[PDB]
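Taking it in order: structure first as structure tokens, then the write-up.
Reminder, nothing fancy here: chain letters follow the sequence lines and each chain counts from 1. All ligand and atom numbering here is 1-based and tracks the order in the structure. When reading the values below, keep in mind they use all heavy atoms of this one structure, side chains included, and skip hydrogens, waters and symmetry mates.
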Amino acid sequence: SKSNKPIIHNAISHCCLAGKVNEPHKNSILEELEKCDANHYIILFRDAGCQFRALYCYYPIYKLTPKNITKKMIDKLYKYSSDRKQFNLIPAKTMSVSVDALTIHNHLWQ
Amino acid sequence: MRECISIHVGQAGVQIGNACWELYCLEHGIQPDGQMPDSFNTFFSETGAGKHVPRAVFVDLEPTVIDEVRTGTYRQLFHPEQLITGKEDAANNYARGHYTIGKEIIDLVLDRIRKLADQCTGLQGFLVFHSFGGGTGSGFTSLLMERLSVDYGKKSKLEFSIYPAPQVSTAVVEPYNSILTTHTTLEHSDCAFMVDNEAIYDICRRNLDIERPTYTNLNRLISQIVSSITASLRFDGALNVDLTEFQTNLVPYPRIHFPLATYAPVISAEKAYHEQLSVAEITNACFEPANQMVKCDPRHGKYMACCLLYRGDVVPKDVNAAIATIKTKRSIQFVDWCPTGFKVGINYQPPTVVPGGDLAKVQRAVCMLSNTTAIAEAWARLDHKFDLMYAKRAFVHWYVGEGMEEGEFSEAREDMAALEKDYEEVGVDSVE
Amino acid sequence: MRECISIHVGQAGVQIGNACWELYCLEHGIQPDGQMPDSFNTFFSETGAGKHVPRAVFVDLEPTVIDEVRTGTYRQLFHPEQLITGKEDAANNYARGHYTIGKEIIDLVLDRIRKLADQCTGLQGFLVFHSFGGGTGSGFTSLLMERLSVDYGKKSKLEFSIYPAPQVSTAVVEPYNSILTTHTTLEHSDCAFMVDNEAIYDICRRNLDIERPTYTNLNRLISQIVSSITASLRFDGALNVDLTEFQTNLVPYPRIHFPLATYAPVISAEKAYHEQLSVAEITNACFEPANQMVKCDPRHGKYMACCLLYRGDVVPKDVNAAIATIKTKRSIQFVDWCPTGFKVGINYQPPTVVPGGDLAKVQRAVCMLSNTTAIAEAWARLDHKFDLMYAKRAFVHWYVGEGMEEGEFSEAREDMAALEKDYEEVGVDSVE
Amino acid sequence: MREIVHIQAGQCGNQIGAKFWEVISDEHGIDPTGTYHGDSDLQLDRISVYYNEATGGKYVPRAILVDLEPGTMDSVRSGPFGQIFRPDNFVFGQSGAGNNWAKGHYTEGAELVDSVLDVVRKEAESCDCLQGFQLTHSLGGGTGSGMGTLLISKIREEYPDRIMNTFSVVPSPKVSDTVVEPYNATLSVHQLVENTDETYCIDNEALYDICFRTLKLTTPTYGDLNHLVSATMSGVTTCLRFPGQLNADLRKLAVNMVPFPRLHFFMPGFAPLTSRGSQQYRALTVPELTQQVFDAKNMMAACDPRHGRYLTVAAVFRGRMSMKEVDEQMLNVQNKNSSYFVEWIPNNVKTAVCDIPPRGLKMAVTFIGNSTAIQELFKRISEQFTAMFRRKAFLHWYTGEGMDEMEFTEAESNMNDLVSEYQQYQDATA
Amino acid sequence: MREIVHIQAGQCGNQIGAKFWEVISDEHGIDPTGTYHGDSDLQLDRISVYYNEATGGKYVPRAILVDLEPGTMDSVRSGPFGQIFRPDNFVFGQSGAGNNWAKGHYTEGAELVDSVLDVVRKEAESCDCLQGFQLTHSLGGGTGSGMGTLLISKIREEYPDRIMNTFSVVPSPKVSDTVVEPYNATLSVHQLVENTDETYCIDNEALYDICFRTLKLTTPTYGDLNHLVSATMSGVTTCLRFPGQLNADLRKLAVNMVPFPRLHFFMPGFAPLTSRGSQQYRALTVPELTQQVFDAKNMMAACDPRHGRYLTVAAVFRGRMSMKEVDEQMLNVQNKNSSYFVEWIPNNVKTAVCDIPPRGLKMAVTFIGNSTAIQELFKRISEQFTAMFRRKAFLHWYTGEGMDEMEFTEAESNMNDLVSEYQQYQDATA
Ligand SMILES: CC(=O)O[C@H]1C(=O)[C@@]2(C)[C@H]([C@H](OC(=O)c3ccccc3)[C@]3(O)C[C@H](OC(=O)[C@H](O)[C@@H](NC(=O)c4ccccc4)c4ccccc4)C(C)=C1C3(C)C)[C@]1(OC(C)=O)CO[C@@H]1C[C@@H]2O
Ligand SMILES: Nc1nc2c(ncn2[C@@H]2O[C@H](COP(=O)(O)OP(=O)(O)OP(=O)(O)O)[C@@H](O)[C@H]2O)c(=O)[nH]1
Ligand SMILES: Nc1nc2c(ncn2[C@@H]2O[C@H](COP(=O)(O)OP(=O)(O)OP(=O)(O)O)[C@@H](O)[C@H]2O)c(=O)[nH]1
Ligand SMILES: Nc1nc2c(ncn2[C@@H]2O[C@H](COP(=O)(O)OP(=O)(O)O)[C@@H](O)[C@H]2O)c(=O)[nH]1
Ligand SMILES: Nc1nc2c(ncn2[C@@H]2O[C@H](COP(=O)(O)OP(=O)(O)O)[C@@H](O)[C@H]2O)c(=O)[nH]1
Ligand SMILES: [Mg+2]
Ligand SMILES: [Mg+2]
């Protein structure tokens, strides 16, 4: 029934990859989104400044482009408002349907 | 002392509570500023200066009905930290007040409660005011009742449900809310009062001689019911009652905990004369089928545990004589396994009339909280307002598209169809 | 007979110090002329006439912001020998405020300090007000802390370092100023206080109801934290603590000496009412993640040592009561090697308010100076704002061309990465 | 909060809008300049929902005005209540659609939609939290449907989770003001049942009979039709910006109303409707205003309510009144008309009571009806479509703009899907 | 202290400065005669940074005007604000460069620059502590391209450690206003990437469109383009001479900005940009002024910011405001635009807030951005150079003035070196 596929395509192609510098890089990930049937996609940044590095998906968590993650390595929760077109933070901590993106620890990158 | 705090979820809760905190300031000489020209420490926590503030968390997703509190007469009373607004309401959509929008601001709610439980050395219980109709009143209550009971567990939580009428409704998905806001808050709620709109419109017409009841007038009555359940904390009488004392008397089983209210005397100013309204006269104004403020037939079921809470000048001899007539009368029936099932209570304060209201200055009152069997057929009705809108699968496409499973609707009715037979478990007699 | 003196390096200090000595004159009746209509001799050395001059050496490479001091309200106060200006600024360049330009005027600075160490029979401490952001405040201090320590060695040297924010920065080479200016100060700093702008902007927004805070308004808050650390010299309460006493209580190791400050209560004129702000109420206002004036989550690390510099009418029974609550609470953690880690200080002065300000008139206050483990993650961040702007060798060419080696940057980082594990030295528990 | 961006397309909606903003200005005390002079503070308590406060204490309407030739815009900027708009927002082309649907969605729209959507994107960022996008157009013109169905195919991609209401003037049964308007409306329903949450089917033909019979008007100008449509257009969103006793808003007017994500074609009603001197003959009570509403002659859509059954009903009230009188009469007209209301929706009346009347009245009713009564409207146009396509007349003006016979059978298949689905949920009783 | 010497060269620069010193004299309250009549003492607190106070209380601008023919000077001296200059400093020749680069640097350059550098040597000695040498010329002429690249190769020898900003007008993509301006630029870029610390690349072509679209002008004269360029020209050094809350001078706007000793080409911007009547339609607050800056239509350089990425971005604000708004808005336009900003420069906004607005406004942003968006500006000119060198047309006016093919290949190799380095530090991610 429901999904998040029109939301993430609206979030990738218009917020963090909309510049024409990464326009070949946007096509290098857009064709890897049409070839999956996941009911819940999710985006993992590296910084609080939401630099895009990897695309994931959630089941009611595999690396579409760490491979698997748990509920311990999560720090912040981002919700992409289609109003402002900016990833807003989430006071809630449960990974749910409204949760559009998240961050992880700086231990995982050093 | 014995402190008790108040949460007003939804519009139907707050507009009652705008009249509720209009009413205790009448009973305690309190200015709208919080001034006044020491037993009342339970619904207040005063200042080092002379100013009392309530214990109120007026919480709402939409900002509209909140913004009239900050402009009304009672701006200068509430702490301006308390009144919680938000972006957009759930808008009669249960999957928005519990999953989408109420999930966002749930932590701002519980933390202001957290800064109110510290001031209370002897904290007693909660008074949540909500409906079953709206999306703010349903998804956000069942969100809130789950989180407070995990936080505390050992307190007393009292819902005040504006019950959905059998005949006169102002919503289209009002059966699709109530099965969700009873399944979820079945375990956490502890004594959920049912009050119906429809039977209040009768009592506005017949006993009050008013043909045009504004909601300014309907919520004076439910304010009088709330101001007499909690009349025994703010005042001391002869035979007092507490919020922990209700839940043992009125609730015979962990499932069935739905009392309903009845207040008396409800008469206009012109009919204050022409009768005398004795302590054994207003008691008969309770067990009629007329004044039962839920549209149910009390002669189509039994009373498990009635509960009388009088106030004003009542002499304790006369109650026992009044009760002894009633248990002998025939059409009034009690449950066979419950031998003698009353619970009296007398406070020393009369009800006081709000100026410009529509009740007479009476000398006594009674706020009956009876736990009948007659509400079972109304529970045998909202599933029939449920299934006719479910076999055609109508309106499912709004709940599903906001974070709700399709499989978690036949699960709720399965609990709700199980809740019907426990009322029928009451009516039978295990004959030896 | 106990005298402390103050230096104001860089722009960020001097603009703060314009509000500090604005605030000291409010607690003593000191005119802008130095007139007044005896324990305040700690920050003054008066003249044979009726005039007090402060113990302040305002130093700046750029001649700009000093000129507003010489024309401002406090023209008729400071000694014109104190106000040391210069020709050109370092201009956000550590290699200019330490090697090239600030090397020149350093003898004019140390000599005017030298003429203030002789008016003090009871010379106590230093106050270097500076930022980690600019080039003067980070370069000239690192020059100046080396020179006063070789001069004296045995005096307390408290800084007030503006910390660089994790999210909002008004400088581009700012992670190149900070990693240099901590390495240089680390042998010679004594107890370096941290303040961030970004965490004040929440406290300007939420607790104060100001959406437009000016640098008039941010520097009022950091002045009150300064005006309560130094309250136990100018006045006598029941429990006074000197600047020679902070360096032993707060500082567990010769490396880890970075407390972050917190002041409470901070509420507006309208929300000054509606609550009572007891000595057990304002204590819980300090240990929130909301009220920390450094943007670090304090629930991501343990408190090693706190220090609660109370003031106003605080009665010392309730402090022991309030602390006994806090050490028993769950989320607040103390370190397994520290048994109980507080240092209480009660003074007999209400925090007086500057007219034309935006804080309430309160009767008690608390200037928490709480060392922690939580600031270590921000040290795991400024090295990551460092390595990305250095693996591509950006911005090196302004520091090479002003007397700095290439190798003396990676020498600082590995010394700074060694400071990271010394907090991980704290976080472990050497069991058995 | 809950702001709304107002987009005006076609020749129809701009002349609607030029009277629409003439209506909203008198509810808030707004001069032609843009400043406040009203007498109630509630006019400014929610003034931000259609406005932006400019410097000096002026207000500008949040309204984007779309055309493809400067003919309509020149009339608006000349007239009163027309200079109040922002001159950046007048996004218009030059070449003219020429009442050609394929020209205003493929040819002329593809060079003007870019300079619309940035002006769209400018207005959205100046809001607190956005609620919806109200559009005002036809289903018969080329500009009001080619540019009309283009934006929702672009704005819903920019905004997947807001509400989109189109106040589409629907072609009439009797008079046909365009020879090819069966070809336009069949291509408009294909791009309104897929992307909009609700659609306000208003006709021209039954709009005169309300003017002639009930109102007793001699000469109905369009300045009296759009005068009347603007009443419903503002009456829906007076419960979002004024404190009612029982509040509704544009999301509450979606979940109450629409049982299936295709069947969302509404049809309004308004009351009181008097004459210049015949106001003495009646009383203004809620039992009177209710029975004026449910007549056959007050539904502005040109279809008989009795030929078919209702599903959901939202009678948004205005003015200061009581609540039982509402709740009695809404019950009263369901018991005597339970054959007209369908079986499988019990308590199918959404009451909404506000507290502010229209300017100068005492009360008002803004009915919103959702019925099976427009199954024959989509049996009307889809029959006018088919005979004009078996001979395929007027086809070389659409094929020449890049369009095939393959597309024209899909929209005919799409609308005949909608014929069966009103038919399916009309008699399905259990 | 911190005094700045102002050299002007070429026909272009000698008319910008006549508007530039027309601009400054209203900020400090200076008559055409040279005396003070203003109202604020802050006007005279730093009057000595562009002036010398002569006898009688007269002030004279520290400005040196250079030309090779007396045509442009005679316009300046006859006009207002022309007699205020020192008449010794009008150092000019008589031959005229004739829009010829090889004539104004090799032939006529050596016969006049001796009389220039002595005047430079005279003006520096009347200062307390010298700051820098701001300069105004083009990259298409013969005088402003040849005399200006002569001076900096001489003045840097006289001053190895002062800052050198040139406000160079850059040739346009569409209209080739000079037949051989692809030859003037590449010979001038050879002497700006090796001596100057910052070079303010301003185009004509994007400067016209702002006069048409945003400003709504019908007849844009050069007296309304240089009027606009001078607003940026004073906005950079209004923080060096006025007490700001966050002070920035010409050295702070060097080390914050310039990441590498070659990539130092800036492209400015300005806000607000109203119209004569459209000022009533907006709000003059920092959330508007920020988003007016980062449009494609506010960059005065003829290039798209969306093509290419930024590295470091300055924003010098004027007028009394608050710091949180600016700290919010500068934060805001990086999170929604994280694609446009480069990764390996975090916190890539430099901010400056001064306390004095422009004369008559409330607030104003003077933008200074650095980008990879000018790789194609040096891919445009480096291609117009190449096709005009294969057939080597228009060469016998340069070879005749002592110049070889050796120079025309090195400068072509010099500029394609810079094409690689805006490419090297654009995709280098880590
Ligand atoms: C002295 C006095 O009370 O005069 C009334 C009046 O006499 C009557 C007859 C009015 C009048 O309406 C008409 O004559 C009419 C003409 C053409 C089409 C429709 C109506 C009135 O013009 C219309 C007008 O309505 C309003 O002012 C509302 O705010 C209305 N505004 C407009 O329609 C409007 C008209 C011109 C310019 C701008 C706006 C409105 C209604 C719904 C939503 C928003 C606004 C009213 C009460 C009056 C007059 C002046 C005579 C009536 O209509 C309305 C819409 O109120 C017709 O029956 C009602 C009953 C009113 O009593
Ligand atoms: N007694 C009483 N009932 C009221 C009042 N206002 C509304 N109601 C009832 O509230 C029910 C509708 O649900 P509400 O609780 O008001 O809606 P909500 O909780 O605000 O949630 P939303 O859907 O988000 O608006 C109906 O049964 C109304 O009769 C009032 O003033 N008094
Ligand atoms: N709290 C606060 N911070 C300030 C104030 N003024 C400047 N700052 C901060 O100071 C930092 C920059 O340091 P500066 O002192 O201005 O620079 P500098 O050391 O003087 O050296 P220059 O680069 O030569 O000006 C930034 O992070 C500013 O936010 C102020 O009034 N209050
Ligand atoms: N209600 C109303 N209908 C109008 C008005 N103007 C035009 N129409 C109708 O709009 C239809 C013609 O469409 P139109 O919008 O002019 O063409 P377009 O400009 O290509 O969209 C016809 O059915 C007209 O009756 C008006 O002012 N009011
Ligand atoms: N902005 C601006 N550009 C000008 C002005 N005068 C000339 N130019 C430009 O300068 C270029 C011609 O160079 P010019 O300076 O006159 O030749 P030179 O005297 O040999 O340096 C062309 O690109 C003109 O557009 C002016 O007043 N303003
Ligand atoms: Mg609600
Ligand atoms: Mg400085």
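The drug assigned to ligand 1 in the PDB is Taxol. Per UniProt, the macromolecule in most contact with Taxol is Tubulin beta chain. With a cut-off of 4.0 Å on heavy atoms, the other chains touching Taxol are D. The PDB records the biological source of chain D as Homo sapiens.
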